[PDB]
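Written out below as structure tokens is the structure these notes cover.
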Amino acid sequence: XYXXXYX
Amino acid sequence: XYXXXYX
Amino acid sequence: XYXXXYX
Amino acid sequence: XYXXXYX
Amino acid sequence: XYXXXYX
Amino acid sequence: XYXXXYX
Amino acid sequence: XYXXXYX
Amino acid sequence: XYXXXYX
Amino acid sequence: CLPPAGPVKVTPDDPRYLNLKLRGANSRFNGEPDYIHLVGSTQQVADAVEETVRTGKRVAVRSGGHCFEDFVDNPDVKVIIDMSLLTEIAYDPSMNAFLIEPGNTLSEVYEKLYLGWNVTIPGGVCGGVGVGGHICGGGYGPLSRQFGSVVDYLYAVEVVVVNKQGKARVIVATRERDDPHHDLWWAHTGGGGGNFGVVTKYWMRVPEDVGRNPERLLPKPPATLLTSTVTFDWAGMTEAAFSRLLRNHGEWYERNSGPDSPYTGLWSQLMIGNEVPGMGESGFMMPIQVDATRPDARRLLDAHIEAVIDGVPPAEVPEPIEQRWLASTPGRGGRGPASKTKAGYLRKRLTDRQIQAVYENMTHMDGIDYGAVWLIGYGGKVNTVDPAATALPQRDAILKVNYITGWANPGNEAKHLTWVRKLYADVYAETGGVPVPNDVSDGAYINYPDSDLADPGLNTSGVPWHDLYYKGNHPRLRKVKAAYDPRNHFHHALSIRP
Amino acid sequence: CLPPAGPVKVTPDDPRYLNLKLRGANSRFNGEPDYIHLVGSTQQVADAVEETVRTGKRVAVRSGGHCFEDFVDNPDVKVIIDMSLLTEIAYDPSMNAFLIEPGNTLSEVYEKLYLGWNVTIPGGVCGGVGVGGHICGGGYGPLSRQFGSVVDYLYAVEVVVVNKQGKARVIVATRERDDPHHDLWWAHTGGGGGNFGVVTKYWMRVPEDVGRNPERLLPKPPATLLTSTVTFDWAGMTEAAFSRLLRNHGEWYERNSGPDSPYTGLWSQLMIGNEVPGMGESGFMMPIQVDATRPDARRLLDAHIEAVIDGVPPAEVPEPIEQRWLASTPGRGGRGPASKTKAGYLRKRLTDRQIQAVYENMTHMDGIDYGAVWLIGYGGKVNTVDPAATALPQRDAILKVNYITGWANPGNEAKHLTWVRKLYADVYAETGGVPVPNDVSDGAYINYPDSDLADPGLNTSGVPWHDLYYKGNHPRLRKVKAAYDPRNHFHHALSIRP
Amino acid sequence: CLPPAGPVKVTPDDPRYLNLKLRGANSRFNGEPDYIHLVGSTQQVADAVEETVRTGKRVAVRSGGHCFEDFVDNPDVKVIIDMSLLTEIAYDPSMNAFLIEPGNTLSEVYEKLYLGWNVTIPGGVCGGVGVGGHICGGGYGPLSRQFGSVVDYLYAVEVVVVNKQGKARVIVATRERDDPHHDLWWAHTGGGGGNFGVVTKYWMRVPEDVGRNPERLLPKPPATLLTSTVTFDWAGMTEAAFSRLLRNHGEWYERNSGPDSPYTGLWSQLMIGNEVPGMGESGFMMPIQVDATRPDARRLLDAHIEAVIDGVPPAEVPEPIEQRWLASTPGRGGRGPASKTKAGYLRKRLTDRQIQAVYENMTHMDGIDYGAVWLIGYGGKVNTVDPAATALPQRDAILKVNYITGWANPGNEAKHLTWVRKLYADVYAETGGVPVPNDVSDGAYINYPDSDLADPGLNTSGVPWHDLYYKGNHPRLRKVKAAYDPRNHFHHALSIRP
Amino acid sequence: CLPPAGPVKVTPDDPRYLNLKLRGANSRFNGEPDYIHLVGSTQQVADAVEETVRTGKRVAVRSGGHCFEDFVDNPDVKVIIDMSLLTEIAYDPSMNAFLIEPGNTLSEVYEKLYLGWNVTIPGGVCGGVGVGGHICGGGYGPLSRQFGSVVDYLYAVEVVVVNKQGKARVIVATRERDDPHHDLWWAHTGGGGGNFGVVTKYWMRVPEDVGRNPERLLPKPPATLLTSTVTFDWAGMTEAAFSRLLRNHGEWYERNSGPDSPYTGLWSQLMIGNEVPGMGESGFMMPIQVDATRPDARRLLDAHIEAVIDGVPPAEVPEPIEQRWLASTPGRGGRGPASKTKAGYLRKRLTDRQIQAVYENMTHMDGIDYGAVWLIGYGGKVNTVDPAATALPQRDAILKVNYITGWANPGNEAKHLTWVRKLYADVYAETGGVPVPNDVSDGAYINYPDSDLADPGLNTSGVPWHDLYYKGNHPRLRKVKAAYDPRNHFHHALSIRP
């Protein structure tokens, strides 16, 4: 992880 | 008047 | 206008 | 005067 | 006087 | 006069 | 040496 | 100077 | 490569002290720092930061000095780290991106990018604005309908941060999905200055793969612009005329701010101001520009103007003028008069009630030197980005609106703050005096900070300042703040809280 | 350490072309080059020079664009080498001097030298003047009485020259004894631009041994200046009062321009101009400044003003103001109105007959948009240097005098040329219309070039232009020219002939 | 603010008489003054001076007691004005300089300057030397290659002079070009003590404008020094080796004494003496120190050692030791054994013939308790000053050379005087027995006064003493002497004659 | 093969100065040149020219001295380049043409071409006219009805021209269409002298291929001529008889001036002047000449005469005389009386109003020593060439008319100038006092220059001097001028401007 989104 | 503030 | 200034 | 310009 | 010339 | 000096 | 003295 | 050596 | 200049600790007895203390743009704000630290490299920025941590002296960074608020010039700042010597602009082959250092002004960036590579970034107009605050805050300007925000070209940042132990570290953070500090990069795409650490370098480029050709790595500016300034006479501007103008202008922006519009190449600003003798940017006018590359340019311009001024008798329309990109050197900068600007985003036009509140306050401005409302073209290509993909949450707005006042004598400050506060609070009276995100408004822009948004006498909406600026991006900004500035060493009135 | 910007060949279809073609200051001159070559390194200059030798294209270098003459912008120049990208300013430990590149403006130099090291150079006032032309032509300004010419700080130059076989070579020439290109270094201490080759770097430092502390390697500017401008009113000025003023002023400069005077810290200029509406530098006035460091500064200032205005009724004297060094940034700028300036050096005041000629032409200027005589303070520490020690031969002058006209409309050029040429020829009527070196005059300054001095219709003295500019230095400058530019590839209207 | 101590006239019955009579360092000299006047203020000094004029009593000032000659302790001196109580060291805001009173010892000065402001002056090493004689005589020591003589920091002096009427007046004379008493300042930059009046205050500071920060007003001492002493042995040393040694050393000093050498941060002295049991400064040795704040320091030290010892085996080369500035207190002063020192300056090394004469005399010293030649490192930054800009004329020397003898028993004075005079006369045998200025020698240093230079049986050169010490500066010294001590009330064996 | 004569600089002290200064034909014009340069070769001419460019001295060339206007002799001209020594006439095999130098007179040309090769050129009558101004100005005379203008035989010119940089250059320009300097050739077919540079050689040649045989490279003059002069008696000249004469003459010329007419072998001129006893060319008369080679020659003469004098009582016809070609060699005549000539071309007869104007002015001329109107035969074979194929645009005229006055006394100049100006202005009163091209007139001939045509008082037609002389050929002449004399070194009152 470490990257966000929202998907 | 009409000055206001707060200082 | 549309360029900034101030002179 | 003495500073340059032409404003 | 003191300026020159001749006119 | 017109020239100065002092003589 | 180089410091003075006299011891 | 102007001589040589080595001393 | 010659060694950098600096460091210089400028104390009050140094002849450079007053110049550096006074280089802020807004003369409302002053401070008396113990010293000002000029820094000529990243390592000197790290040492300067560490010094403030060890001595426990409150620090702020100054790049361009254009802060709208007292973030740098205030009686509590004890050290200023001044970025004036960091002015590199270059193609960096190791990053395959343009390196732009924070001490540059926008006008230096636009010139150098243009001459070197026939490229630009879609940033602000005012030449004296500093890279340092402008980029991380979400800078935009007349090219933003065409190319997006400057943050949509942000590839990386180098940042000096302070860890829990009080040590200064340097981090290079990129947008690569796999970069372990990708979160730090994200926070600099709109989080704003003075929050995470000292930005020492920015790297700018298009997100698409376009090879290693520097000339393709940033947008190409328009070779020429078609420009015109529509002028309005206040003497004929009745309430009905005024209100037709604003409705016309707003409907025009609602219809023509999509990213596939032919109008992404046009920008205008409607400036609703009183006319002030000394000041060419005052009064009631609308400057317009359009990319003159396009065969349709002239049509686009005339269509815009007619839509705006239909039914408005006091409009004066001059002949348009074609001008080359950067034909007159942009601005200069310097310390200006005291002012206060308040701000909001618009997704739809101001309502009839809002339009009328603008009218009422602009016709009751006795004793106000300068007061105005500016409606600033936005959207276009900005709106192709997802709200969460950068730190800027507002990705469907059409306009930014500024509420401005300026005064010549410090003695008249209170009256002018009162005037602009009433204007703003009247306009947003239905949502507690502030631009709560809703159908019409979408909060506010962090590069136009306003501490009034945190004052609960002025904001009665229950919506905190940080939700107006950052909306659903706030929680992630908070996480980044905690991760990189755990001690909260970088702070100011509207700084992201730990 | 990043690679340089450039090179870029900007041809007429490139959108940068018009900007670059038009960035000369004086709008009297225009050219249409085949291309403009932007160069970002010494190697790139060498390639660009070689290219013009190989194609036989007539070349001219542009740095700041301030040339008073058509040396760059004329119909015959086919390539411009534009130095805009060459802007480094740094302390160079291997020369123990400041490296200043030719594309910098004076404004950039002053600011960076001051911020970085609290130093300056005693150069010109106009912020937009380029280093490239300015330094090698003998740059001076308000601090020259205290510190000398900028050339008195010229330690070394890097120049791209063309040999007899047509190859470009790079030479670094210094002022040291036993420097095998000492002659080249010497020619750049006042020989003027466009003669020897392309200067790509200047290194500046004090000639004394002061160690390696960069803060000691150039003059320290004053922390503050005391300033005043005395204004005169033409309406009240009789022929007699005018004459008294010019005698007062000139005699004061004869007495107070020695290198050991306390007045080495004072400078003024007497501007004898017509009043022009929005032009702040127009009119009849005398700005003055004095180094405010020593407690006598106010006395010196007062004493100068009273000497000058004694028996001159229409003079207005404001309270002096103390100003910090560089408290506002030199404000230039770019392309200006069309003008012609003619020039002379004074060793003594203008004679009574010369003052008569000035009054006469200045009171008969119908149709002249702006016309003026400026008498600019000079001498002091300038005059410690032997006339042959640099390429500037005038080392006992007290004033530089300029004869100026400017016009808004190109249709009116001939009438303004006529007026300034009559003014000059009347003043210099006893020595063929030009300032032939004699008891009173001392020729002309090559940074104020004037092609009229090589026009035997206007110059009737029998003294060639090169003798008025260079006096007894001309023979050595001709040997330098033959040795380093044997093909005469660097040339223009007033270029040294091999 | 308390009243000063003093005045106290100490007559022979006072228990303090003998302590004060015997506080001269060189026990060869004795006197019996009528009284010794302790003074605690400038006004007390003036009273004491006027008293001696009024009673026609021969006066001498004592500050530190280190005079090499009998100027103070001799049978004709009737009054000693002892400066023991005048010991202020402080920053003086009115002079923007450090006030140092003449009763301070060097030890006290270095300590206080360092602790208070992290500054120093480049004076002598012997801790008990007084400020009073040291400064006006041109003091130097191990920092002088880096920083100059202490007179290069002398801003002003307060002097009690006697006018033609015989009245004592207080004059403050400064380095300012327009100071009315500038000449009297100049004479205290190496004129030597007991000539012009009683110095009651010295003010010290750098000549450059550095603001008002006292921490910048004097040289910063090196924080640490790297040191080593190389030792040689007499046993087995041949003439050839000895000669090689002296040549090695003098050639190194000829090459590496320029003001721009990296070796300005290094000092050494070659001490060529017999080994005396309890006396650690005796023997055959070369102490060296280098500024250890420079990363090149170990390398400079190493290179100097190797050049000296090339082909000349030393007895020991210890590992260098890093020491902190003032890590030990320089040890006291008091009354030492009788000695005689003779002196010269060197601009180039001693010739092969002079080296042989040193060897011959040092190998024939039957019955000499101590005898030696010391070659003391000099030049460097000393040598950036014009010979006429201070009263010290030697501004291109590389070494000072002392020829030294010392004896335990008063009955052996004659044979020791004979030995040291033979050594000196042999060394200088081609120029009349004295260091006449030429390609090798440059006279003598007034803080090492030697009456033998005025004695026509020992100086047979035709060059009088005063030309040996003051060279071309003597005529100016005589003028100042005539102008400020017209009665010749301040005089001694080598005093300037009006 | 000997070197050329010259160069000679003839200054005011030289015995030759006055002869040279006074060799102009018209004594109305005077000047005072600094010197007169005699030149014997083309190289000397290039040297002379280059000198006048370096010294700034206004130059004029003099060949024959016959200028109608002050183009040579005026107070402004400072150097006359006098072509008196350039008199070669030869067949030049390398050009296959006749080389004719400008300092020849027409008399010398006719005589030498006749003897050497039985050829001629159809030039003017007056024997002392010089080749220099005559040929390039469109020279014609009595044989031009038969053979055309001399410019119809101009094959090539050698010209000394001054380039932009002020260097003298020699160009050989020919009639060949592929000649790179063809335009310079073309401008010398009637451009007029004093415009482009110094002609140093003319080569004259028929256009047809005819091998290398010099005897048909130019036209064969007639072996013999038949001549007669008719005289008219003023006593019998009523207005009625005067006006019949002029209608007869003019209509005869209308009908008999075509290129296929047998009367192309006839030439006449009608000379309407007052009687001056002592001057043979005065009075009212008409000389006629015809080619006696023709079998019809006697009838052509009689036919012409009867047509002319039909109904004109006061005519008187003597018997015709046959003469050999150049039986008496042409004069003449030195410096002559002061005079003024004004000129026009006629395509048809003078209208009735014009004849009446001529009549009125000829009968009101009290105080006029000499006044006349001459109508000079023209056309025929001239009129076979296109207007644009040479610089002469009149290629369908039938007469040239000159209006002439001359005065014995310099004090009567004003009165005669008034008379000839009234006369001309009356004749041309329907077209602003000048011969504007129309049905009747066709401008003016550049070899009869008249400065009145550029005076706006006298010329009120608003048709500029240069369209009168050159009509549709002006634009091409203006371009040649800019191409070959960019600096305008060659100018006078009616010169072409770049």
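Within every chain, numbering begins at 1; the chains are lettered A, B, ... in the order of the sequence lines, protein sequences first and strands thereafter. Modified residues: written as parent or X. Their additional atoms: not counted in contacts.
The drug positioned at chain C, selected from teicoplanin, insulin lispro, taltirelin, viomycin, is teicoplanin. Contact analysis gives the chain with most pairs under 4.5 Å to teicoplanin (chain C) as the one the PDB entry calls Putative hexose oxidase. Other chains in heavy-atom range of teicoplanin (chain C) (under 4.5 Å): D, I. For chain D, the deposit records the name teicoplanin.
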